[PDB]
A.B. asks: 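Quick one: the structure is below, and I'll ask about it shortly.
FYI, the numbering just counts along the sequence from 1. Indexing begins at 1, ligand by ligand and atom by atom, following the structure's order. This deposition comes from X-ray crystallography, 2.5 Å. Hydrogens, waters and symmetry mates are skipped; everything else that's a heavy atom, side chains included, is used.
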Amino acid sequence: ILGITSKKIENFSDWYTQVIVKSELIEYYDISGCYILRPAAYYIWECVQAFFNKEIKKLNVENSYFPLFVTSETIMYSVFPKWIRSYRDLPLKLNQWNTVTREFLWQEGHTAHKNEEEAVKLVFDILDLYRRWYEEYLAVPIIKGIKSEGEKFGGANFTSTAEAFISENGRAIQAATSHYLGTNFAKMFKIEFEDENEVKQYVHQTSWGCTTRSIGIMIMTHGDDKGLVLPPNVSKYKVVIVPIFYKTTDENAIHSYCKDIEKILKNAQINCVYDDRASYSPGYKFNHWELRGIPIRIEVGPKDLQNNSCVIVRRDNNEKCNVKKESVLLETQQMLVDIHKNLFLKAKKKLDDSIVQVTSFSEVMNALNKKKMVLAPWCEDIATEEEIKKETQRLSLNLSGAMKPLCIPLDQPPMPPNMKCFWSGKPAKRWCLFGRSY
Ligand SMILES: COc1ccc(Cl)cc1C(=O)NCCc1ccc(S(=O)(=O)NC(=O)NC2CCCCC2)cc1
Ligand SMILES: [Cl-]
């Protein structure tokens, strides 16, 4: 009852709710579904917040706060004409860190540029920062792409997106967005400027956001039947030290030895916890910290005193090795790196193995039935989006069983000149990724 009672594959929904509560990420307030972000969850948000802030500031984006909202977007663009008069006032680059299933925390950026080229470059610069956000900190692989006309934001010229995929239930989920808004809102609010030639021009706008859904995607990606699995970059404690006594003493020697290891790690700015609670067995502690997603366990028993060593246990694959005491710092540092690398790579394999490249709709149900996505040549006719939804829904009988256009990947496979649309039989335009979704 203390651990996870539902297998991730067999009952994904119940598994997830158990993991997020028992790992002490969240705490449910009442029956409304409202929840509290405990330190373990907020810490992850703080890590990626710190990363994102440093990177957008390199792009001269400035943080700010706009408190007025309308049902849900921020009141902002109508103020821009008061700030923009000439090309010297451009580019305007703003970001806000907001607080408000539902999502409590998120980030939202807005820019305005003198032309299309500069705005579009920012759109994709930001999009890659989202990629790094997921990869370098959450160890989650994403796919960058363009939304179809039927799935893009209404006010956007085009919507670029990062897509993640949960292989266990065969569903894609939108991980982040970066819109090119063109001049759509500039026309609405007369957001105009005089260029270098004293000519009136429309500003070109972008908006981009990412929420705490990123944390959920991380959990769903890496979590296992033992509970939470944290990439070291978003775990407060990198290491837990567990003492092992055999009642034959010396507990004090073990205790002292563990404190030596704790000191070495902490002196190297590697935060860790020494679980010296007398009331709980070592086996109890193993579960306790595995459940909470601690990347590395260091065990110390009698044999380790004898051999001047310690046992290191990886959280991601449960592999154990003996390590000399004088080598603990270096090997722990390398282990933390390799754990992140392994989490990403094994997640990327599951993602790559989830994409079935097809040329005909007759290949689609085979891929959906195996809980995968399809990559197909598509004429991109907006009317066909609903047709494809309705038909895949009909053929599967099945929380939606429909597949939708996820994104047109920035990385396109070659397109043969005479390639037809997998659905309409018309000339294909580009390869599009289709799948079931959240
Ligand atoms: C619809 O139910 C299901 C029915 C059947 C199956 Cl087979 C699976 C599911 C399912 O969907 N199971 C996961 C339920 C789920 C997962 C992710 C999201 S979310 O959008 O990503 N939101 C967040 O993660 N917030 C995080 C939570 C952790 C702390 C920090 C904030 C929202 C809900
Ligand atoms: Cl506004």
A.B. asks: Of the candidates ricolinostat, darifenacin, glibenclamide, which is the one found at ligand 1?
C.D. replies: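 Of those, glibenclamide.
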A.B. asks: Per the PDB entry, what macromolecule holds glibenclamide with the most contacts in this model?
C.D. replies: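 By most contacts, it's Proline--tRNA ligase.
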A.B. asks: Minimum distance, heavy atoms only, to atom 15 (C) of glibenclamide: which one of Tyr42, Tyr16, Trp15, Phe12 is it?
C.D. replies: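 The nearest heavy atom belongs to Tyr16.
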A.B. asks: Kindly identify the option in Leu25, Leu37, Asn169, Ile173 whose heavy atom sits closest to atom 30 (C) of glibenclamide.
C.D. replies: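 Heavy atom nearest to atom 30 (C) of glibenclamide belongs to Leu37.
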A.B. asks: Please work out whether any backbone atom (N, CA, C, O) or any side-chain heavy atom from C-beta onward of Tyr438 is under 4.0 Å from glibenclamide, and answer side chain, backbone, both or neither.
C.D. replies: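 The answer is the side chain.
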A.B. asks: Could you list the atoms of glibenclamide found under 4.0 angstrom from a heavy atom of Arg213?
C.D. replies: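 Checking each atom against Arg213, I get 20 (O), 21 (O).
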A.B. asks: Does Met220 have a non-hydrogen atom less than 4.0 Å from glibenclamide?
C.D. replies: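 In this structure, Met220 qualifies as a contact of glibenclamide - some heavy atom is under 4.0 Å.
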A.B. asks: Does glibenclamide have any atom that is closer than 4.0 Å to a heavy atom of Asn11?
C.D. replies: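 Heavy atoms of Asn11 never come under 4.0 Å of glibenclamide.
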A.B. asks: Numbering the atoms of glibenclamide from 1, which are under 4.0 Å from a heavy atom of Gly216?
C.D. replies: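 Numbered from 1, glibenclamide contributes 24 (O).
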A.B. asks: Looking at glibenclamide, does any of its N/O atoms fall within less than 3.5 Å of an N/O of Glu103?
C.D. replies: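 Yes, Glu103 has an N/O under 3.5 Å of an N/O on glibenclamide.
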A.B. asks: Under 4.0 angstrom from glibenclamide, any heavy atom of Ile26?
C.D. replies: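 Flag set, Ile26 near glibenclamide.
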A.B. asks: Which residues and nucleotides from other chains come within 4.0 Å of glibenclamide, counting heavy atoms only?
C.D. replies: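 The heavy-atom site around glibenclamide is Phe12, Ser13, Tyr16, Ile26, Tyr35, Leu37, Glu103, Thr212, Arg213, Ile215, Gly216, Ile219, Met220, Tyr438.
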